[PDB]
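Report on one structure; see the data block that follows.
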Amino acid sequence: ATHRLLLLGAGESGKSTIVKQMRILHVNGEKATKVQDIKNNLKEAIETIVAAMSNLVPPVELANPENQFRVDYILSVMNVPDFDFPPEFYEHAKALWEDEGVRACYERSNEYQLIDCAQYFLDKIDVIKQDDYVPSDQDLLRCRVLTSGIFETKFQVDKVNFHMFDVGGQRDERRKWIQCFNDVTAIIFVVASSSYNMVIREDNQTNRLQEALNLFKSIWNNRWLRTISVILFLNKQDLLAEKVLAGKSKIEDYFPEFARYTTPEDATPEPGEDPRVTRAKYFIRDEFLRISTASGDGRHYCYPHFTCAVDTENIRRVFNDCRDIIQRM
Amino acid sequence: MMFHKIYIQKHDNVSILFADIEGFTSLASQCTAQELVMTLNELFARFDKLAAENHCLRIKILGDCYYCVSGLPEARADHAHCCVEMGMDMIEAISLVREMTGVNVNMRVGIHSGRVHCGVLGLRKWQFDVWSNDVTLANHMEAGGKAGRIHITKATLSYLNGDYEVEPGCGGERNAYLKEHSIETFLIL
Amino acid sequence: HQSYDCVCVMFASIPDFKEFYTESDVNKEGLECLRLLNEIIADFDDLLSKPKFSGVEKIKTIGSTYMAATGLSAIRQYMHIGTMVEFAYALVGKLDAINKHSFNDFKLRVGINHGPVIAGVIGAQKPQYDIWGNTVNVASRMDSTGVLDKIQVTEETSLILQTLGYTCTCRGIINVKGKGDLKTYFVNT
Ligand SMILES: Nc1nc2c(ncn2[C@@H]2O[C@H](COP(=O)(O)OP(=O)(O)OP(O)(O)=S)[C@@H](O)[C@H]2O)c(=O)[nH]1
Ligand SMILES: C=C[C@@]1(C)CC(=O)[C@]2(O)[C@@]3(C)[C@@H](O)CCC(C)(C)[C@@H]3[C@H](O)[C@H](OC(C)=O)[C@@]2(C)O1
Ligand SMILES: [Ca+2]
Ligand SMILES: [Cl-]
Ligand SMILES: [Mg+2]
C-alpha cells in the first residue's frame, strides 16, 4: 500500500518545514552545507529590519544614536554576493538587535516582508558565530529556503509507504501543481494561521490569509479534485497565540466578521488555553470550513488540524491522525 | 473519472525521422493548386510504401513535412538502422518525381533517437502522434539539415553501431536550438 | 478529393505551452504535461458539439495548435467566416476556464483566413483528411506571426468582418514566404 500526498498552501505556509519533520520522524557533510543558509537567514533578517525602519510611517528611531554606524555597516554589505561573514557582522548585528528601536521596528514587521525565523536567530547570534557551530534540529526546521520546482520525499511508517510532494506556494510556482493532481491519495493544505495581519510578497497588497482562503477555494472546488479529500493544516498556532495575547493587531480590524463571532460549543481547547486564543484559532478554522461545507457533495471531505510545523511534539501527534484517516482511500 | 482517459504510452529506444522538401515554395508557384496536391499525394503514397518495408510507423503529413518514428508499435533492435535506410529511400524517391516535374527540389532529412510518448489527444478526429524533447530535437534536426543529406545526432549513432560512413554535421551552424543545446551532429555517405 | 471556393480556415496555437512542457521524473518524463494538453484539446474538441458551431470541422491538432475550418459542408454568403471568429472567441473561454483550475496563464494566438482550398484524403496506409492551397498557408502564417489574445486576419477577411459588424485595426505588413509582403489586421473586441 502506497500513498501519494501533495502538500499545498501559499508562500511560507509550512510545506517545506513539514517535509523536514517527516525526515526527523520517519527517516534517518549533511548539515555543514546547511550552516551557510542559516547565516544568510540571519543576514537577510537583520538588514530587512533596519532597512525598514526609515521607510515606515511614522519612521522609527534607534534608541542608541551610536548604532547609526552599524546601521550604515549593514546597508553597506546588504548586496554583497559571496558575503564573507567576518566576526564584525555578528558583533554589529547583535548590537543592533539590542537596540530597543530596532526591536520596536521589528514589532511593526507586519508592514514589510520579514521571514518567520528572524527573532529565533537574532536571539542566538553568539552561538551561530562560532566556527565549530553545528545546527540543532530546531535550527534546521527554522532555516527558511524557497522551493522552486517539485520535490519527492519517500518514507515509511509501519511498513506502510508514503510519497510526499513539495511544491512552491508562490504564485509563479503554482503553475507546476497540476502535474501532481492525477493519482493522488490526499491533499495536505497548509495555512499560516498567524499571518492574518500581513500582506503577501508577490504584490505586497493582498492579505496573506485571504490569499490562503482563495487558494483553498481554488483547490477544494477544483475540477480535477472532486474525489480527493483535503487534510487542512491550520499552522503557526504558537505565533497565532502570541498575537492574540499580545493584543497589538486585532483580528476584527482585518477580518470584521470576527466581532460578530462567538466560540463553538464543539470546541476542545488544549489544557488551560486562553478563551481569547480559543475563539481566534477556531474562527480561522470555520472560515475555511465554510468553503468546504458549501460544495463537495460527500465525494470528498475536509479534515482540519491545528498544527505547529516547528514542533515535532505536535507533528507526530497530528500526522498520526492522518495515518488514521488514510484508511478508506 | 476526473481527468479524461489519456490514450498515451511511454516508449524508449525509438528513433524519430522528420523529412521536409527543399524549395517546395518554388514548385508551389510553378503549378496550379490542383497539380501540386496531386504530386504531393502521389509522393507520400510512395513514402508510405517505403515506410512499411523499412519498419517505420508513419505519424503525420504536415503540409510539406513528413515524420515517421521506428521502434513502434513494439520495440525493434535496428530501430535507428531503419530510419537511415528509410531516409535513404526518400532521397531517391523524390529524385524520380523531381526532374519529371521540371524544377529541382530535394528532401532534407533529420533524425534523432530517444524516448517518446505516443498516442492520441482530445476526443475528435484522432490522429496518432508523438511527443518528447527527443521529438522536439528530431524536428530541429530536420530544420538544421542539408538537402539530399541525412542529419543524425550523437544518439542516432550510438544505435547505428558504426555501419554508415559518417562525417561532422555542424548543426549549431544551421539551427539555434541545436547550438544552444550543444548537439553533436553528423551526415552520412 | 474535391476543390472549394470560400472556405474559412483557422489556426489557434498556445505558444506558451512549449515552455511549460518539462521532462522530469515527478512529471513521469513529460506525461503529466500531456495530461493537461489533453484536458484542453478535449475541451476544444467539445465545442464542436454545440449547435451554433455545427458547421465547424476540426481538421487536426499540430503540436499544441488547434486547426479548424468552415464552409466544407458547402456545394448570408460569408456567414461561416463570422462563425469561425465566434468560434475562436469560444476557445479563449475554454482556455480561460482551464487557466483557473490549472493555476496558469495560457494565452491563445489566432490567425484566420478565407479563400479557395482543396479537400481530401492523403497517404496510402492510413488515409487522413486534410485541406491544402495557399488560403491555408496564409492562415498558418497569420497564426505564427500573430499576437497573444488577438485574432489576425488578412485585408479582404477584415473587409467581410466589417460587413458583419466587427471593428478592426491594422497591424501593418507581414512577409509571407512565396507570397511576399501583405497587409494584416487584428480584430477588436
Ligand atoms: N514559529 C513558527 N514558525 C513556523 C511554523 N511553521 C513554519 N514556520 C517557519 O516559517 C517559515 C516558512 O515555512 P517554509 O516551510 O520554509 O516555506 P513553505 O511554507 O513551504 O513555502 P514555500 O517554501 O513553498 S515558498 C519556515 O522558516 C519555518 O521555520 C510554526 O508553526 N511556528
Ligand atoms: C506538445 C508539446 C511539445 C513541447 C512536444 C513536441 O514534441 C511537439 O508537439 C512537436 C515537436 C512534436 O509533436 C512533433 C510535431 C511538431 C509539430 C514538430 C510538434 C511541435 O513543434 C510542438 O510545438 C508546438 C507548436 O506546440 C511540440 C514541440 O510541442
Ligand atoms: Ca518546406
Ligand atoms: Cl499561508
Ligand atoms: Mg516550501
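Chain letters: A, B, ..., in sequence-line order. What you see of chain A is 39-66, 86-386, where the numbers are those given in the PDB entry. The numbers used for chain B are those of the PDB entry, and the residues that appear cover 377-565, in sequence. Numbers in chain C track the PDB entry; the residues on display, in order, are 879-953, 964-1077. The basis for the numbers below is simple: all heavy atoms, side chains too, and nothing from hydrogens, waters or symmetry mates. Indexing begins at 1, ligand by ligand and atom by atom, following the structure's order.
- For ligand 2, the correct option among sulfasalazine, forskolin, cefoxitin, etravirine is forskolin.
- The chain in largest contact with forskolin bears the name, in UniProt, of Adenylate cyclase type 5.
- Going by heavy atoms, the other chains that come closer than 4.0 Å to forskolin are B, C.
- Counting only non-hydrogen atoms, no residue of chain B annotated by UniProt as Mg(2+)-binding lies closer than 4.0 Å to forskolin.
- For chain C, the PDB entry gives the name Adenylate cyclase type 2.
- In chain B, the residues contacting forskolin fall mostly within the UniProt domain Guanylate cyclase 1.
- Residues with a heavy atom within 4.0 Å of forskolin: B:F394, B:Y443, B:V506, B:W507, B:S508, B:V511, B:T512, B:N515, C:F895, C:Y899, C:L915, C:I940, C:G941, C:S942.
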